[PDB]
Each structure stands twice: as structure tokens, then as C-alpha cells.
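Nothing fancy with the numbering, it's 1 onward along the sequence. Atoms within a ligand are numbered from 1 in the order they appear, just like the ligands themselves. Reckoned from all heavy atoms, side chains included, excluding hydrogens, waters and symmetry mates.
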Amino acid sequence: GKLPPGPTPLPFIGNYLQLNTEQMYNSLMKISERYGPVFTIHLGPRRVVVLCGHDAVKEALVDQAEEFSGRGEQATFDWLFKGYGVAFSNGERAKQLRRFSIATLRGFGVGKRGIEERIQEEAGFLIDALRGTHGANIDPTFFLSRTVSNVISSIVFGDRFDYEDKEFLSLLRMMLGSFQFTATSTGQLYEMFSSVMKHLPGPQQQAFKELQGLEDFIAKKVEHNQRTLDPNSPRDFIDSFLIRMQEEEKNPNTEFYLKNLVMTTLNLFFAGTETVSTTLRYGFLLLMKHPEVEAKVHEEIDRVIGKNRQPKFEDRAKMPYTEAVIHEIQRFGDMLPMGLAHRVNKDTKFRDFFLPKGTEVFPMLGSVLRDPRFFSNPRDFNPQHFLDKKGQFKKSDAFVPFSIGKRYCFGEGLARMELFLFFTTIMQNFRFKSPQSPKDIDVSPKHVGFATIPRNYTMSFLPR
Ligand code: HEM
Ligand SMILES: CN1CCC[C@H]1c1cccnc1
């Protein structure tokens with residue numbers, strides 16, 4: 001008969017007086033200390049059930065998986081996507097788009113050799129580019145995102161972008177500004193009060209324009225692809241989707257139409273660019289702050305692999321310390337703190353509470369990555385979190401940065417391959433120094449909201 005407890009809201013504003021839009025994660029955690037790991041919060045007029053720590057999140061998303069498999073709102077992205085595409089759909093749409101995308105991703109070689117060689121080759125152009133700097137002092141931002149983007153772009157668009165291409169650069173700028181915006185106070189305030197704020201001047205309009213620009217681009221590529229489409233041989237993800245469109249025109253409740261094509265392709269391009277990009281970014285800063293951890297990775301690379309051969313994905317099994325470090329980077333980086341919002345499909349019973357149909361659910365993925373029962377020093381950067389006393393790699397059940405449950409990151413295979421081979425080919429060739437001193441490096445997040453954004457920095461790439 002009852003909603004979980006939480007602080008008393010006010011009309012329209014909800015729990016505004018208890019939330020700090022600069023630090024929403026620290027706000028919900030603070031309310032947690034008082035109310036328990038399972039509480040109700042009103043983000044303006046939206047009613048939201050928050051789940052903190054491993055047990056509550058798992059119990060929701062794994063044990064009652066089917067009830068918690070809907071999608072709640074992320075307002076900024078909703079403005080553009082409007083319930084279309086894979087990421088921000090629900091019900092029958094998501095289930096259909098999700099299964100298409102997974103099967104197609106498998107068909108383009110994901111988690112197999114075709115994509116390994118494409119990443120290996122693409123990692124080559126990155127080294128080359130990084131040498132083309134001659135150890136000068138640079139922003140690594142768009143060096144990483146150009147290399148990262150090209151992997152998913154081979155798959156969605158059919159071929160890589162050229163690095164000098166001015167439109168490519170413009171797209172990666174759109175992506176980074178959009179994403180960043182969601183991590184700002186204004187972006188979080190935008191989560192409570194969007195119905196008024198969408199009609200107002202400020203940083204949000206900029207975000208809309210970048211998203212529109214990204215939509216403008218995919219929508220053009222598609223018109224192109226439609227006219228040289230060869231139905232028995234797809235060049236790309238766009239082709240595959242267009243073929244499925246034909247096969248299904250005689251079904252009027254099909255999910256396969258133009259609008260879901262544009263939006264899903266956008267999902268992949270955006271998610272397959274900015275996540276790995278940002279994680280590599282954060283990860284570089286972390287290693288520079290911790291140069292002792294940097295040397296053991298080097299040591300372990302020089303012995304399983306060498307100077308000679310390109311690193312390959314299966315090289316990880318014999319490289320326990322490097323895998324611990326990659327996990328610890330993802331663990332500390334905390335890409336999305338509050339996950340993507342969930343919602344219950346139906347009236348649901350959960351631990352003595354009742355959630356009416358339609359209730360938004362925040363599973364706080366950041367609080368699982370920081371759960372004290374699973375990690376000895378949660379707020380520190382410490383590879384030993386993923387190693388035994390033997391130095392073998394150890395799994396954690398709270399390593400959930402890709403989430404869990406019905407709506408899990410189906411990009412996981414790809415990201416993990418990319419994360420591994422990109423971290424490893426770069427450090428094979430380079431060691432990192434910064435203009436700044438290891439004890440003076442700020443590894444605290446620049447922005448925390450929907451995403452976790454590392455501070456702006458510069459570094460140099462010096463050969464080995
Ligand atoms: C640093 C790497 C990445 C992280 C930390 C990450 C994390 C996540 C998270 C937390 C979700 C939400 C899951 C949920 O709602 O419970 C998600 C979903 C999703 N991700 Fe990733 N991801 C990463 C890489 C990628 C890549 C490379 C792709 C490209 C194919 C991708 C595509 C997607 C899509 C389409 C969804 C929506 C799935 C759905 O709604 O059912 N992600 N990811
Ligand atoms: C970054 N992402 C991982 C989960 C959703 C996905 C995303 C976010 C915004 C726009 N498109 C895709």
C-alpha cells in the first residue's frame with residue numbers, strides 16, 4: 001500500500017530545498033544516510049524512487065528484472081529523441097530495436113577478429129598522429145575522440161572519417177558539449193524544470209542546437225545510403241536497418257521506420273564515441289597522478305607483448321595488472337553516477353513498498369561502484385581493488401559501470417575491447433608527462449550530473 005519514505009516535497013518544485021544541482025549525486029547520497037538505501041525524491045514534479053548500494057540495485061534490476069525494465073526520462077536527450085530509438089524507448093519499441101542492434105553488431109564482427117583488426121589498425125593511426133606531435137604539450141581530447149569515433153563509425157557509416165575532415169571535428173564538438181551540459185547544475189536543474197526551461201534562453205539551447213546538428217548529419221548519411229543500397233549486401237548498420245525496413249513495410253505496427261533508424265544510429269554513434277573517449281581521458285590523468293602504477297603496466301606490457309608485435313585482445317589473460325587498472329579507472333571514473341533512469345512497467349511490490357505503474361527509478365550505479373562492502377577504499381584510486389594477494393585478477397559483483405539487468409550496456413563487448421587495446425598500444429609506445437606535478441594534479445571531477453566529466457588538462461607524448 002505505500003511509497004518508500006523520503007523528505008516532504010513542495011508543490012511543483014518537489015524536493016528542491018534538499019537538492020544541490022551542482023552535486024545531485026552527493027545530494028541523493030546525503031538523503032540516503034537519513035532515509036535508507038530505498039527512498040522517494042521529487043525532482044520537480046517527477047516522482048522518483050532512488051536505489052543505493054549493491055543490494056537494492058541488484059534486487060531491483062536483476063531479481064525483479066522484468067518489472068524494472070522500463071525507461072525513465074533524461075530530459076535533455078528526450079527533447080530530441082522524444083521516445084524514439086533504442087536508448088530512450090520503452091515496451092515493445094525498445095525490445096525490438098535492442099534485439100535488432102545486438103544481432104547486427106554481432107554480424108559486423110563485434111567481439112570477434114574483424115573488429116579487433118579494425119581497432120588495431122585505427123590504433124596505429126593514433127600512434128602515428130601522437131608521434132606527429134614530437135612530444136609537444138597538447139590537449140589529448142580530440143586525439144582520443146577521433147580514434148574512438150572511427151571504430152563505431154566504420155560499423156554505423158561503413159568507413160572511417162578522415163582525421164583532417166572539418167565536419168568530423170564539428171560533430172565531435174557537438175557530442176562533447178551536449179554530453180557535458182547534462183553534467184552541469186543548469187543541466188540538472190533542466191531535469192526538474194524542463195517544461196518551463198525549454199522555452200527559456202540559456203546553456204540548454206546550445207545543447208539542443210548540437211543535438212539537432214547531430215540529427216541533421218545522420219539524416220543526410222541515410223538519404224545517401226538509401227540510393228546505393230544493395231539489399232543482399234549491407235555496407236553498414238544503416239544498410240542493415242534499411243533492409244529490415246523493406247522486409248517489414250507490410251506490417252503496420254513495425255518499429256522499423258525512418259525515425260527509429262535515425263535515432264538508433266545516433267544512439268550508437270553518440271554512446272560509442274563519448275563513453276570510451278571520456279574514460280580514456282580520465283584514465284590518462286589518473287595514471288599521471290599515479291606514476292608508480294604507470295611503471296607496472298609498462299613492465300607488464302614489455303614482457304607479455306614487446307616492442308615488436310601489435311597488442312591483441314586475448315593478450316589480457318596473461319596481463320592481470322593491466323586489467324585491474326582498466327577496471328579501477330572505470331570504477332573511479334564512474335561514467336554515469338545515477339545510471340540511465342529506469343521506470344516500472346506495472347504496479348510493483350518491492351521490499352515492503354508499493355510502486356505505482358509509471359514510477360521513475362534511479363539506480364545509483366555510482367553507489368555500487370563505491371559500496372564499502374565491495375571495495376576497501378572506495379574514494380581512492382587503487383588497482384589492488386581488482387587483484388588477489390597472488391596478483392591474479394579478481395572480479396567484483398559491484399563492478400557495474402555498464403549497469404545490469406534487462407537494459408544492460410550491449411556496447412560492453414566493444415567498449416572493453418577498445419578500452420583494452422587502446423590503453424595498451426598507447427602505453428607500449430608512449431609514457432606520459434604533464435606540465436604539472438603528480439601531487440598537484442586534480443583528479444576530482446569537473447562536473448557531476450548525468451555524467452562524470454574530468455577536468456581540462458594537457459600532457460605530452462614521449463616515445464619508448
Ligand atoms: C565507457 C564505456 C561505456 C559505459 C560506462 C556505458 C554504460 C552504459 C550504461 C550505464 C547504460 C544504461 C543501462 C541501463 O539503462 O541500465 C548504457 C546503455 C547503452 N549503451 Fe553503453 N556504455 C559504454 C559504452 C557503450 C558503447 C561503445 C556503445 C556502442 C554500441 C554503447 C551503447 C549503448 C546503448 C544503445 C545503450 C542503451 C541500451 C538500452 O536502453 O537498452 N555504450 N551504457
Ligand atoms: C552515453 N550513453 C550510454 C547510455 C545512453 C547513451 C546515450 C546518451 C545520450 C545520447 N545518446 C546515447
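According to the PDB, the drug at ligand 2 is (S)-(-)-nicotine. Of the chains near (S)-(-)-nicotine (ligand 2), the one making the most contacts is recorded in the PDB entry as Cytochrome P450 2A13.
At the top of the distance list for atom 2 (N) of (S)-(-)-nicotine (ligand 2), counting protein heavy atoms only, stands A271 CB, 3.6 Å. The organism that the entry gives for chain A is Homo sapiens. Counting atoms of (S)-(-)-nicotine (ligand 2) from 1 in the listed order, those under 4.0 Å from a heavy atom of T275 are 1 (C). In this structure, the other ligands and ions lying under 4.0 Å from (S)-(-)-nicotine (ligand 2) are ligand 1 (protoporphyrin IX containing FE). Under a 4.0 Å criterion applied to the non-hydrogen atoms of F77, (S)-(-)-nicotine (ligand 2) contributes the atoms 8 (C), 9 (C), 10 (C).
At the heavy-atom level, UniProt-annotated substrate binders of chain A within 4.0 Å of (S)-(-)-nicotine (ligand 2) are as follows: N267. At the shortest separation from atom 5 (C) of (S)-(-)-nicotine (ligand 2) among protein heavy atoms lies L340 CD2, 3.8 Å. Ligand-side atoms of (S)-(-)-nicotine (ligand 2) in range of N267: 11 (N), 12 (C), range being under 4.0 angstrom from any heavy atom. Defined by non-hydrogen atoms within 4.0 Å, the binding site of (S)-(-)-nicotine (ligand 2) is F77, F88, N267, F270, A271, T275, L340.
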